Amino acid sequence: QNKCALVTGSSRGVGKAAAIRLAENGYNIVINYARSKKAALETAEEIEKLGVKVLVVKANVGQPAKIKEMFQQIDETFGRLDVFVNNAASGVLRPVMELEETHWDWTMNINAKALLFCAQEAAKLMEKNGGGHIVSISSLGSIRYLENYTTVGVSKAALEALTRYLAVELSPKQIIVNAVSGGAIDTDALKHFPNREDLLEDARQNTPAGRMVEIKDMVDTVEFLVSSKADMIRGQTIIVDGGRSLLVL
Amino acid sequence: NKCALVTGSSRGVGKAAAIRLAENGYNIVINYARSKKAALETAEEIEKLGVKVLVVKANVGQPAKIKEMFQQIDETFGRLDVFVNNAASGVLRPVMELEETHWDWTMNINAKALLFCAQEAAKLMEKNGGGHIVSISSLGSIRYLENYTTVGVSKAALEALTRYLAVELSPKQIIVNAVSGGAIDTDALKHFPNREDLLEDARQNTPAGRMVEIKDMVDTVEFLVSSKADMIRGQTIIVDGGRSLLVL
Amino acid sequence: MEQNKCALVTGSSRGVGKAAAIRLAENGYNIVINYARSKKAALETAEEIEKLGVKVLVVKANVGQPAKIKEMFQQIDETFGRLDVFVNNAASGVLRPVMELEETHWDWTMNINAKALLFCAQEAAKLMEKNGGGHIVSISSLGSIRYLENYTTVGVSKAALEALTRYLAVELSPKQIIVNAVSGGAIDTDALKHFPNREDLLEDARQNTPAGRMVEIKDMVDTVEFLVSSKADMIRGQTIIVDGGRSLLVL
Amino acid sequence: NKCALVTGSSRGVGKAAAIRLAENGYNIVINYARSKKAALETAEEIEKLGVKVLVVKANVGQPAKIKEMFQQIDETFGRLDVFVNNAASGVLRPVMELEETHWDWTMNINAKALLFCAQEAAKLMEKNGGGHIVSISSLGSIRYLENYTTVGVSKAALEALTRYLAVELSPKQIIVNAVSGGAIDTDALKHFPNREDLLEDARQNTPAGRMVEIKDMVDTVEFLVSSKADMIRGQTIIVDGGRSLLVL
Ligand SMILES: NC(=O)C1=CN([C@@H]2O[C@H](COP(=O)(O)OP(=O)(O)OC[C@H]3O[C@@H](n4cnc5c(N)ncnc54)[C@H](OP(=O)(O)O)[C@@H]3O)[C@@H](O)[C@H]2O)C=CC1
Ligand SMILES: NC(=O)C1=CN([C@@H]2O[C@H](COP(=O)(O)OP(=O)(O)OC[C@H]3O[C@@H](n4cnc5c(N)ncnc54)[C@H](OP(=O)(O)O)[C@@H]3O)[C@@H](O)[C@H]2O)C=CC1
Ligand SMILES: NC(=O)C1=CN([C@@H]2O[C@H](COP(=O)(O)OP(=O)(O)OC[C@H]3O[C@@H](n4cnc5c(N)ncnc54)[C@H](OP(=O)(O)O)[C@@H]3O)[C@@H](O)[C@H]2O)C=CC1
Ligand SMILES: NC(=O)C1=CN([C@@H]2O[C@H](COP(=O)(O)OP(=O)(O)OC[C@H]3O[C@@H](n4cnc5c(N)ncnc54)[C@H](OP(=O)(O)O)[C@@H]3O)[C@@H](O)[C@H]2O)C=CC1
Ligand SMILES: Oc1cc(Cl)ccc1Oc1ccc(Cl)cc1Cl
Ligand SMILES: Oc1cc(Cl)ccc1Oc1ccc(Cl)cc1Cl
Ligand SMILES: Oc1cc(Cl)ccc1Oc1ccc(Cl)cc1Cl
Ligand SMILES: Oc1cc(Cl)ccc1Oc1ccc(Cl)cc1Cl
């Protein structure tokens, strides 16, 4: 058969566009979501027009038992997996002094713990045909301060560190692991930020490139990192931000 | 007089940090999870230096135990000036063998602890116009150490939390940083199946020509809480004899 | 002015630069080959590229001299009338212990490895404006940010090269010029013969790279090709490390 | 009595560092290129602290003048324990306006100088048990500062040379590191056509709620030469009030 790709959180936004790009390149697709079922089924219908097979799996990736159920479905339906894009994220955006334990656990479980358990199940499927590629999506708040972003920034720093440990430990399985970090993108996720207009204004005005990052720019780097043209890039996080992080003022 | 808490100060780096702060006149809170005998021995040594000591058993992996410990500090000393986040644990095995409990145990003790300890520290620090927070990290936050995934991932989280705390606690005049060490010959190395490899690497490959010692880590902590480092914020200072520079 | 896009690669008579130029030619770019002394190698290279059905200009220019750079870009404007891609690849160096370094060793290395990018980028930007933009990619190594034995002159020059990459990436952005770099681990090429510890570098790369093999010229060229492709237009002032995971390790 | 050299110590950070070391008991070598009166005033101030001072005119962009200066230090004091590479100059212009003379000027003074000065320092230090070398850098080494290309590129070269020197001088018992600052309101800042924007950005956006002062740079230099920083090697410590953490 043909190669298969899973993209977590692919009902909308970056994940959806990544799943479509992989489908355009001949991959069968696993679409994943937590609650936005209608958008997930609509994405699946769009992608099936390309002549690939699509499996839609509801699985909150913050719960390893749901991860394991999802991968059992992938194994039953396709019997293989070749590309895995860890893209889903959630979070609680408030000042650090107001954070509660549930806010930390929710965010860390979905955004960083997910990669460890998805990577384990992905590797077991990838070993069947000789390897594969894993790419995670991160942001500038892993290494810099974004206002109100503590829970998510800390999870993304864990995610990038996990990307390094997996990149070393899964190399014997011929699995290539890396991450792509973005500057701000005008998706539904920005609506979580009470300072949404400030972020957009800053991206529009202060990005050296002269425009904001778009979903296509993140997808283009994902595509490269799964393409076989990037097999000796390992454990790296590539920053796609139009040059915004280079500045001071 | 000012008061300092060091989590995990029954032995190793934390014990030495607490002793150094006592030598500097700070009253001390010693904290442990199970090593009570060692914690009381440490408290006895520190009272010889002429400061007061409070010993608190509190597993920092549990926010409720954290809150209890800072309630005792408020009742005993009524203030806090220095907080060193030093306690760590972990499960050291290959990534494919890790289970959810191994992740939760490690992330709760090593990284979640700083969040809840920092919130409680800040509440006490702002009573007297501020304070300093320093956390202890290692080269595995940014590089690969064998079987160290749970711990390395938690130290990367801790350094990122250090950056977020350093910005958001600045209005309270609290100065927050971290110190990352190369390998040190403490009881922690007993957790590693490759202990002898780590020591031999540190001995032979460190440019300085010797291993990092506890004293080197404490020297940087002492600098970071001294008032001479108040415009260093959110930084992780690497103390490794130059080991991480090499790319053999 | 040429109808098809045109690319310059400095130091393209052999090694990574030669391979990058052949790759760009395979993708339809007309090519400027550049060398300082290896004229025969540069001419054989151009002959292989002409068989791909693109035009090739061969220019001798020591890129450690800004005057020779200006002459080179004057030849490119005269022959092709445009430049769309510029890959700053040439390097030289003096490999010895830091205590044995003399001023001439520093000047030679900095001039060819780092100063070259500034003046080549200025001249490239002037040509790139004829068609509204372009891409500049420089080649660096792990010695920019780490210690590599005997590599002080070159490592310091590559750190300068990577900082110049960031400054150019910001300041050339209004001209729609995208500037980045690619940093490699060790590759079995003619350049390893410059190292008195060549065997130790090879043993290390072969034994300690997580990928289980050494970087090859092809892996460098694959990244170059991506960074000039239009798929990387919002990557700016970054250095992408291509080392099989080697730099991740400690022990 | 140990001896310390600080390049460019007629005014600004270099002057304050020389004063601080003199307060700590070091004999001092003051260095300048053109500000003779200022250098002489500085020496007079320092002589009042009870230490010996040597004033040496040497343009550090010229390795022959560097060699001459260290011969004078050897003859006068017979030793050197601390060397602070602080002198800098530059040409602040957009990248398209830069000429080869602007590059050579800036690179010779800011980066070439550390190589040759560290070579001569090491020959003196290794004769007497070793020493410390600290260079001063800025955020422009790793970030973009407007018009700062020549200086930012030279400072990236300086931080790389700091790494290479840290490794290769370790067998001589010489500890080499760097300190990178945010903006400071010194005479150097008047070379910037956007000085007012740098000052406003530093005052408004630094999380600490104030600008870095000369004293904060000096405090870190003092640490990095002190014995308490002997296992910090080839690191650049950022002193910027947390400014570099932000995006916006
Ligand atoms: N937008 C931006 O500016 C930037 C985004 N990022 C990263 O890009 C990635 C995608 O974000 P973006 O596309 O903007 O966000 P969107 O809100 O558009 O999409 C998020 C996707 O994640 C899914 N998801 C959320 N939680 C879970 C969960 N527990 N389990 C399974 N799926 C889940 C959502 O599905 P559902 O509705 O069912 O929850 C949705 O499909 C994230 O990792 C984000 O951190 C990085 C840099 C910048
Ligand atoms: N040793 C090394 O090579 C290096 C260590 N580090 C870091 O240094 C720090 C100290 O390690 P080190 O001194 O070597 O180790 P030690 O084993 O000597 O000391 C660990 C201390 O932490 C305490 N501790 C462990 N878990 C908890 C918990 N849940 N709650 C409260 N206290 C706890 C221990 O007490 P108890 O016995 O009661 O559990 C002990 O007092 C750690 O953060 C480690 O990550 C960093 C780099 C290198
Ligand atoms: N080989 C490796 O392990 C690695 C190499 N790199 C980098 O890759 C790049 C290419 O190296 P590599 O292909 O291995 O080296 P090679 O020796 O194979 O080729 C070097 C090329 O540079 C040219 N060159 C040297 N000096 C000048 C000059 N002054 N003016 C114009 N051309 C000049 C040479 O031509 P001529 O003979 O006429 O002088 C030759 O064409 C360099 O930037 C290097 O730092 C990076 C990481 C690893
Ligand atoms: N001010 C700031 O915001 C920041 C400064 N820095 C760094 O701090 C260091 C000191 O700068 P700062 O104190 O602000 O500047 P000042 O202008 O106050 O002092 C500069 C000193 O350098 C000397 N100097 C300049 N060129 C030479 C030369 N060729 N040979 C010998 N001495 C020379 C000057 O003496 P003379 O008059 O005789 O030439 C003078 O004593 C520099 O490395 C700078 O890059 C870093 C971050 C921020
Ligand atoms: O990580 C991100 C970073 C930025 Cl700058 C913008 C959006 C991002 O993505 C998220 C942020 C918060 C939540 Cl609740 C969910 C998502 Cl997807
Ligand atoms: O973090 C560390 C890094 C290193 Cl190189 C050596 C020891 C370390 O500390 C620990 C490692 C594992 C566990 Cl279980 C507990 C501790 Cl205190
Ligand atoms: O930069 C490099 C880094 C490595 Cl690991 C290997 C080779 C390199 O390339 C050079 C090294 C020295 C000189 Cl003189 C010339 C060149 Cl092309
Ligand atoms: O390096 C610096 C960085 C900053 Cl933010 C401010 C001043 C600096 O120092 C200089 C900058 C330019 C010149 Cl001509 C001379 C010097 Cl001393």
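One letter per chain, A onward, in the order of the sequence lines. Chain A is numbered as in the PDB entry; the shown residues are, in order, 3-251. Here chain B follows the PDB entry, giving residues 4-251 in order. To match the PDB entry, the residue numbers of chain C are left as they are there, and the shown ones run 1-251. Numbers in chain D come straight from the PDB entry, and the residues shown are 4-251, in order. Whatever order the structure lists ligands and atoms in, that order sets their numbers, starting from 1. Atoms considered below: every heavy atom in the structure, side chains included; atoms not considered: hydrogens, waters and symmetry mates.
- The compound at ligand 5 is the drug or drug candidate triclosan.
- Here the macromolecule bound to triclosan (ligand 5) with the most contacts is known in UniProt as Enoyl-[acyl-carrier-protein] reductase [NADPH] FabL.
- By chain letter, the other chains having a heavy atom closer than 4.0 Å to triclosan (ligand 5) are A.
- Residue contacts with triclosan (ligand 5) for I187(A) are absent, since no atom lies close enough (heavy atoms, distance under 4.0 Å).
- The UniProt annotation of NADP(+) binding in chain A and a heavy-atom cut-off of 4.0 Å around triclosan (ligand 5) together pick out no residue.
- Heavy atoms only, to 1 Å: the UniProt active-site residue in chain A nearest to triclosan (ligand 5) comes out as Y151(A), 2 Å.
- The PDB records the source of chain A as Bacillus subtilis.
- Against a heavy-atom cut-off of under 4.0 Å, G93(A) is close to the following atoms of triclosan (ligand 5): 14 (Cl).
- Counting the atoms of triclosan (ligand 5) from 1 in the order shown, those under 4.0 Å from a heavy atom of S92(A) are 14 (Cl), 15 (C).
- The atoms of triclosan (ligand 5) that sit less than 4.0 Å from any heavy atom of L148(A) are 5 (Cl).
- For triclosan (ligand 5), the atoms lying closer than 4.0 Å to a non-hydrogen atom of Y151(A) are 1 (O), 2 (C), 3 (C).
- When only non-hydrogen protein atoms are considered, atom 4 (C) of triclosan (ligand 5) lies nearest to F195(A) CZ, 3.8 Å.
- At 4.0 Å, heavy atom to atom, the residues around triclosan (ligand 5) are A91(A), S92(A), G93(A), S141(A), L148(A), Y151(A), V154(A), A191(A), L192(A), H194(A), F195(A).
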